[PDB]
Structure formats: structure tokens, C-alpha cells
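The structure to be discussed contains R-levocetirizine.
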Amino acid sequence: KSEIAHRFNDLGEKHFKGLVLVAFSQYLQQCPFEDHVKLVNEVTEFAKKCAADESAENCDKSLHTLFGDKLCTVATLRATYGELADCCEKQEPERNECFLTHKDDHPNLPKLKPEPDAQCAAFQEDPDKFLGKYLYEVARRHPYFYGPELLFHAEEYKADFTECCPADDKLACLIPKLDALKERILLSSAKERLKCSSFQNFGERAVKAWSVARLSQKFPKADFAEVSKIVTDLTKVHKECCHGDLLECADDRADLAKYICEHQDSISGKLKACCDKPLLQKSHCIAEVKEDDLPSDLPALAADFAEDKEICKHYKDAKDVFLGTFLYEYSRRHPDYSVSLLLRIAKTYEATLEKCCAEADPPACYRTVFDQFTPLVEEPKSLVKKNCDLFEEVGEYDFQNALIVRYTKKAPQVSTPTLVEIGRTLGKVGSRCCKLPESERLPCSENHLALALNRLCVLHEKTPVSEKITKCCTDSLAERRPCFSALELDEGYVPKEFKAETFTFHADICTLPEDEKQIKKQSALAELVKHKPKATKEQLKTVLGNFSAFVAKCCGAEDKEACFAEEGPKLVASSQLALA
Ligand SMILES: O=C(O)COCCN1CCN([C@@H](c2ccccc2)c2ccc(Cl)cc2)CC1
Ligand SMILES: O=C(O)COCCN1CCN([C@H](c2ccccc2)c2ccc(Cl)cc2)CC1
Ligand SMILES: [Cl-]
Ligand SMILES: [Cl-]
Ligand SMILES: [Cl-]
Ligand SMILES: [Cl-]
């Protein structure tokens, strides 16, 4: 009868209110926290009224009708969100579709800076307001953040403050926990954004494929029917959360967690620990669960997929099913491959069949299909071993620098902050992945690279600057990483004309945190590449070394500014000659 009552009843007031605040914060990213609280309280009041009597007027309205109506009441909607006011002239589902089209992925809001004393003060003063504000701040900064996961992270955030405010030293307890929390927020936001991107740009089939591969790796003991069930249910969960239907997404996600845990013996031995936890914890634990051991009875795949005489008939009859089973089977056997590698392998299997089945003697043609995968496997494996070597040789900062040079050459039209961000993000991937046991390096590296490349692609939709990026971001998802890897110096670029102030430093650099100091230097690096795009990476590193020496020296000087002013122009002029 009443959907709003149904969800209120299923989720309870706490989670209902939390998720509604998330939904609204994500749709309306600029309003103050206090204004969103009021919309949430009103919506909740109405849900309670409807729960008491579902036949009361408007109670039987859809959630989109009710929530879209609520959003469209907000003060200063024309002035703050000119685009969203336009959406408010439409009915559902056109209105919601309009709301979705107009979410902002890079709202450029100030960085969230921990103030241990004033925050612990606010936490004690009003814990509920303090935690809601956390939901709001993160939600408006990550408009596709997986709703229920944000409630999970809010409870961690709560645990951090409960542990660390009563202690003697606040900042020493807190700042490591909050820095770790922030990193987990970023990773999580990137994973989910890839999911929503994949729905948006490649459709539901791509999400399902991705998911078949990854879930088969994690749960290799499960049969194709179980994996398919879970994939079907999890795809629906992510489709709902990506479309802003957070209440339905949360309810369906809880049902999925329940199902997995009731069938854990047939799904995976690694689920036991997850399944003895509370709800949000349980879902999160399942989501991050480690891959199960390979079962000793995994089937030989040649008979069914290369040697059977009727593969063309079975392929022709039920393409999406035959290929799905292939993907399930190959993936469960290959936790050592990345998901995109498995998707490339599946596409090569398909293409081999389309070719062989239109020739005279298909069996003799498709008998070698598995051997077609060999080159697909070896390229990424070599690329990872190669980059983990550079990483172990030079350490994180220089690895970052090398990637900055590499990506700036590929796409020098991209903004310097974005180029630095991606280079820095991919350098951190080396830190994480290269330290792992070697068989895990490939999936770790390539799965994380996908997240960073997707971030680049998302930015590029909003701020297009390069046709080569556009092609890599919009041709097949499986080929995205190879496409980016195959880009070379955009020769079409006209070297950015020299501006000396771009390479001019001052003494304020000396007061910066180390990371911020590095970002300054890395920004200069990217700018050096834009002005001298044919310079070798070794020329660029030599010049960057001189910039570092100069900053370290002038920051150690008695008269820092006099140092920077006398030495800066020399360095700048010298560096042009060094980059020829
Ligand atoms: O749709 C087209 O553009 C032309 O038709 C190609 C149809 N194939 C079907 C198989 N499909 C892959 C595929 C999709 C997305 C990324 C890689 C492979 C797939 C494998 C297993 C599963 Cl369960 C679902 C889909 C790729 C496209
Ligand atoms: O007043 C009482 O008797 C004690 O009840 C407090 C109930 N609160 C309501 C606000 N809830 C906030 C909240 C604050 C502001 C807006 C929406 C929800 C919330 C914070 C974190 C998560 Cl994970 C979920 C909910 C928490 C529970
Ligand atoms: Cl996001
Ligand atoms: Cl689709
Ligand atoms: Cl994972
Ligand atoms: Cl160095």
C-alpha cells in the first residue's frame, strides 16, 4: 500500500533517517546541514503517519514522487541549483531522470580537516547531530557513495570519537584513525562510482559480467546457479543505489546478506566470520571477503569449451548463457587474474567462436581457443612486474613522478591538478599492490587502476579536453586500461607557452605539510611536461631534482624570501635549457 511505510518499517527510524539524509545530501550538495535535517524530519514524520494508516492521502505515492516533491520545496533552488529547478517542472519518472543527469562529481568543496578538540566537543555536546553531519559532509562530496556503506563508516567514525576523546592525547589517538577512515572512504567511493559508471555508460550487462567474474573468483566453491542468483540480486542493489533509491537499495542489500549467510556452507568457508556480525558489519564484511580456497574438484574446461563438437550450436542457441558459464568457470579458477583481464578473455573466447563457427570446419578452428588467451595474460603480467620493479627501485614519490610524466604526455590538455591526482593515486597503487605476494599483484594493480581510470573518465565527461581520453573512456570497458596504456605523447599538442610565475616558488612552501609540499613540486613537474612535452622523463627528473634542492636550501635559509627571489629565476632559465 504505502512504500514509505514499508521502508520505514523494514529499516527502522535510525537507518531510514540516515539514508534519507544521504539521498538528499547527494542530490543537493550545496545546502547547509541544518536545512537537510528539516527535510529529513518532515519526510520521517510523514512516514510515521503513513505507518499508522497506509490508506491516508498521499501515503500510497511513490518514493520518487514524495522525495522529489520534498527536494523541489527547498529555498533558493533557482539561485543555488539553476539546473535542478528545471527538473522540478517535470513529473516522475522524468524528474528523477533529470535529477540523476545533474549530480556533480567534483563540487570542489573545502577539504575535511580534523579539529580534535572542537569535534570531540561537538560529539559530547550532541552525538546525533555530530554523526548526521558526518553523513552529510561525505555524502555531498561523493554523490554516488553506496548509501548503506556510508552508515557503516559513520559507526566507525563514532567508535573513533568514543575511544579517543576521553584519552589524554586526542590528536595522537584520532588523527591516525581518521586518516585511515578517509582513505577507506576514498577507495569505497571509487569502487561504487565504477559500478554506477558502468550502468550509465555500458549498461546492466557490463555490470553483470564484471560481477560474475569477481564473485566467481571470491566464491569458487559456489555453483553457477548460486553465483547467478547473487549476481542478479547484487546488480539490482547497485542499480537502485546508483539511481538514488537508497531505501530500496538498503532493504535489498540486507536481504542479500541474509541469503548469503543462510547459504554460506555452499557459497564459501570464508563467510563464517562475516555471518556472526551485526547487519551493517555483515554486509560490509561479505563485500570485502577474501577469496575462498580453490576446490579440489574444479572441472577440466577443454571438453566443454574447446573439444565438444556442438559448441557452435550451443553458442548459437543461448549465447549469453554459454558465455556466462564460460566466464564463471574461467574466473573461479583464476583469482590470480584481474577482472578486466577475465572480461577480455571472455570477449576473446566469444570472438574466436563467432569466427570459427562461420568457417567450414569449426571444430579444428576452435580447438585452440584457450591458447588465444596466452598473449592477453602476459601483457598485463609484464606491465605489473615492470612497474613494481621501478617502484621498488625508486620509492613512492618518484614512481608518482614517473606516472605524472607518463599521463601528462598522454593527455597534456588535462588540468594540472587532475594529472597530479591520478599520478599520485597510481603511485599509491604501487605501494599497496607491489608489497603483496606476487600472485596477488596483477589483480590488485589492475583492479585499482580501473578505479583511478574511471575517476579520470568521470571528470572528463564534465570537462572534456582530449579526444583520445574520450575514446578510451567510451569504447569497451574491458579495453579501457590497454587503451590508456597504448596512448603516447599527443603530438597534436602545442607546447604550453612559457609562464615563469608557474615555476616561481616562495617561502610559504616551507610551512606546508610534506604531502602538500610534494604536490607543489609535482604540479611544477606536470607544467614542465606541458611546456616541454618531448623532454625525456630522465631530463624531467634531473630538473625536478634541482627544484627540490633549491626549495630545501631556500627553506633552510636565514632570509628565505631573499633566497627564493635571487635563486628562482636562475633555476627557471637553467631548466628550459636542460629540457631541450
Ligand atoms: O552487444 C554488442 O555490442 C554486440 O554483441 C556482443 C554480445 N556480447 C555478449 C557477451 N558480452 C560479455 C561481456 C560483457 C561486458 C564486458 C565483457 C564481456 C558477457 C560475458 C558473460 C556474461 Cl554473464 C555477460 C556478458 C559481450 C558482448
Ligand atoms: O532522543 C532520543 O531519545 C535518542 O534518540 C536518538 C535517535 N537518533 C536520531 C538521529 N540519528 C542520526 C541522524 C542525524 C541527523 C539526520 C538523520 C539521522 C544518524 C546518525 C548516524 C547513522 Cl549511521 C544513522 C542515523 C541517530 C539516532
Ligand atoms: Cl561518488
Ligand atoms: Cl544493458
Ligand atoms: Cl574486493
Ligand atoms: Cl628524490
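The PDB entry numbering applies to chain A: residues 4-583, in that order. Recorded method for this deposit: X-ray crystallography, 2.2 Å. Order of listing sets the numbers, starting from 1, for every ligand and every atom in it.
In the structure shown, the parts corresponding to R-levocetirizine are ligand 2. Here, the main chain in contact with R-levocetirizine is recorded in UniProt as Albumin. Under 4.0 angstrom from R-levocetirizine, the non-hydrogen atoms of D131 come from both its backbone and its side chain. The UniProt domain of chain A that supplies most contacts to R-levocetirizine is Albumin 1. Using a 4.0 Å cut-off to heavy atoms of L154, the atoms of R-levocetirizine that qualify are 23 (Cl). Taking every heavy atom of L24 and a limit of under 4.0 angstrom, the matching atoms of R-levocetirizine come to 16 (C).
Residues flagged by UniProt as binding Zn(2+) in chain A that sit under 4.0 Å from R-levocetirizine (heavy atoms): none. Of the residues that UniProt lists as binding Ca(2+) in chain A, none has a heavy atom under 4.0 Å from R-levocetirizine.
By chain and number, the binding site of R-levocetirizine at a non-hydrogen cut-off of 4.0 Å is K17, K20, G21, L24, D131, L134, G135, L138, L154, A157.
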